[PDB]
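This file shows Beta-lactamase complexed with tebipenem (open form).
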Amino acid sequence: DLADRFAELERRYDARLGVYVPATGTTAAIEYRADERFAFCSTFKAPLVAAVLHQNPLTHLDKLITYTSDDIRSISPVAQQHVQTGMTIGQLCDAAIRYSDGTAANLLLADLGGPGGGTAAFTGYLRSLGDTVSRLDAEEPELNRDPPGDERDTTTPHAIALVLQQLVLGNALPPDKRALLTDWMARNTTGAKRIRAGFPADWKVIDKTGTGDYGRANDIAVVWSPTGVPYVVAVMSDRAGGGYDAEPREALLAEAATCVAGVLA
Ligand SMILES: *C(=O)[C@@H]([C@@H]1NC(C(=O)O)=C(SC2CN(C3=NCCS3)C2)[C@@H]1C)[C@@H](C)O
């Protein structure tokens, strides 16, 4: 039984686990704690990029954004190198998704604009996709630090799966913008030990991870079977029992994904 397997992993990693996979033609939805709130952490960056793509002409990607030393306030493997020269909107989207660059996300939020430094417009974007659950309240690095239980900066496995489904498989974006988002997630560098680790090599996986305090570890993916059948997989976790400095455990997500892959085969 799937629920028993998920509960077992929770005991193994002293963690809370959330899983959602939307129903398809012939598969029932897979759900474990799927409507419980979990922190977005960096997973919001996938719909953030979609919002920015949607909001602008495609050549907005070529606009150069400048920024300063006091803009580097979180893990930013890419942006840390380019405060001098700036970064284009395209480069920022690339960094935000593929390297989970936090400064890039802050700059993209600022680009989207409006109250809360873009957090309000980001949330508005999700509402336009029918997501009445998720909310973004802060930018990097605060958004990763809300106490366990707090609703600030949270989504649910169910909500984020439905959003991602519209983004990648559905019609939320035009084909050219949709391809841009998909390619970046396809070329993600941060996800090898998560959902990717649970699916066989002949399955295609694109994804965006999230990591944070209180042992938070998330992964949202779209996967394709060797015959081109797509599934959306959202896995989220925290380890509140360990407190603020609790280590995230990627293995938990790899194991969860392995269980899901067994069903989807
Ligand atoms: C978002 O959750 C934070 C950001 N997100 C990100 C992640 O894992 O998703 C980490 S960066 C990172 C460095 N890294 C591994 N190095 C070898 C392969 S992957 C993942 C970080 C916490 C936030 C800063 O935006």
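Residues: numbered from 1 along the sequence shown. Recorded method for this deposit: X-ray crystallography, 1.9 Å. Just so you know, these numbers use all the heavy atoms, side chains as well, and skip hydrogens, waters and symmetry mates. Atoms within a ligand are numbered from 1 in the order they appear, just like the ligands themselves.
- To find every copy of tebipenem (open form), look at ligand 1.
- Looking at tebipenem (open form), you'll find an N or O of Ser100 within less than 3.5 Å of one of its N or O atoms.
- For atom 15 (C) of tebipenem (open form), the nearest protein heavy atom lies 4.0 Å or farther away.
- In chain A, UniProt substrate-binding residues less than 4.0 Å from tebipenem (open form) by heavy-atom distance: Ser100, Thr209, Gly210, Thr211.
- Backbone and side-chain nitrogen or oxygen atoms of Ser42 are examined, and one is located within less than 3.5 angstrom of a nitrogen or oxygen of tebipenem (open form).
- An N or O contact shorter than 3.5 Å links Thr211 to tebipenem (open form) by distance.
- Counting heavy atoms under 4.0 Å from tebipenem (open form), residue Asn218 does not touch it at all.
- The model ties tebipenem (open form) to the chain through a covalent bond at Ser42 OG.
- Counting only non-hydrogen atoms and rounding to 1 Å, the UniProt active-site residue of chain A nearest tebipenem (open form) is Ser42, 1 Å.
- Judged by the shortest distance from any of its heavy atoms, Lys45 lies inside the 4.0 Å radius around the atoms of tebipenem (open form).
- Contact analysis leaves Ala105 out of contact with tebipenem (open form), as no non-hydrogen atom separation drops below 4.0 angstrom.
- The binding site of tebipenem (open form), defined by non-hydrogen atoms within 4.0 Å, is formed by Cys41, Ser42, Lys45, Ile75, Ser100, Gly102, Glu140, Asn144, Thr189, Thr190, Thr209, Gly210, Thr211.
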Measure and list all N/O to N/O distances between tebipenem (open form) and the protein that fall under 3.5 angstrom.
residue: tebipenem (open form); atom: 2 (O); partner: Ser42; partner atom: N; Å: 2.8
residue: tebipenem (open form); atom: 2 (O); partner: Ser42; partner atom: OG; Å: 2.3
residue: tebipenem (open form); atom: 2 (O); partner: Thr211; partner atom: N; Å: 2.8
residue: tebipenem (open form); atom: 2 (O); partner: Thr211; partner atom: O; Å: 2.9
residue: tebipenem (open form); atom: 5 (N); partner: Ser42; partner atom: OG; Å: 2.8
residue: tebipenem (open form); atom: 5 (N); partner: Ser100; partner atom: OG; Å: 2.8
residue: tebipenem (open form); atom: 8 (O); partner: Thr211; partner atom: OG1; Å: 2.9
residue: tebipenem (open form); atom: 9 (O); partner: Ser100; partner atom: OG; Å: 3.3
residue: tebipenem (open form); atom: 9 (O); partner: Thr209; partner atom: OG1; Å: 2.5
residue: tebipenem (open form); atom: 25 (O); partner: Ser42; partner atom: OG; Å: 2.7
residue: tebipenem (open form); atom: 25 (O); partner: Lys45; partner atom: NZ; Å: 2.6
residue: tebipenem (open form); atom: 25 (O); partner: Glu140; partner atom: OE2; Å: 2.7

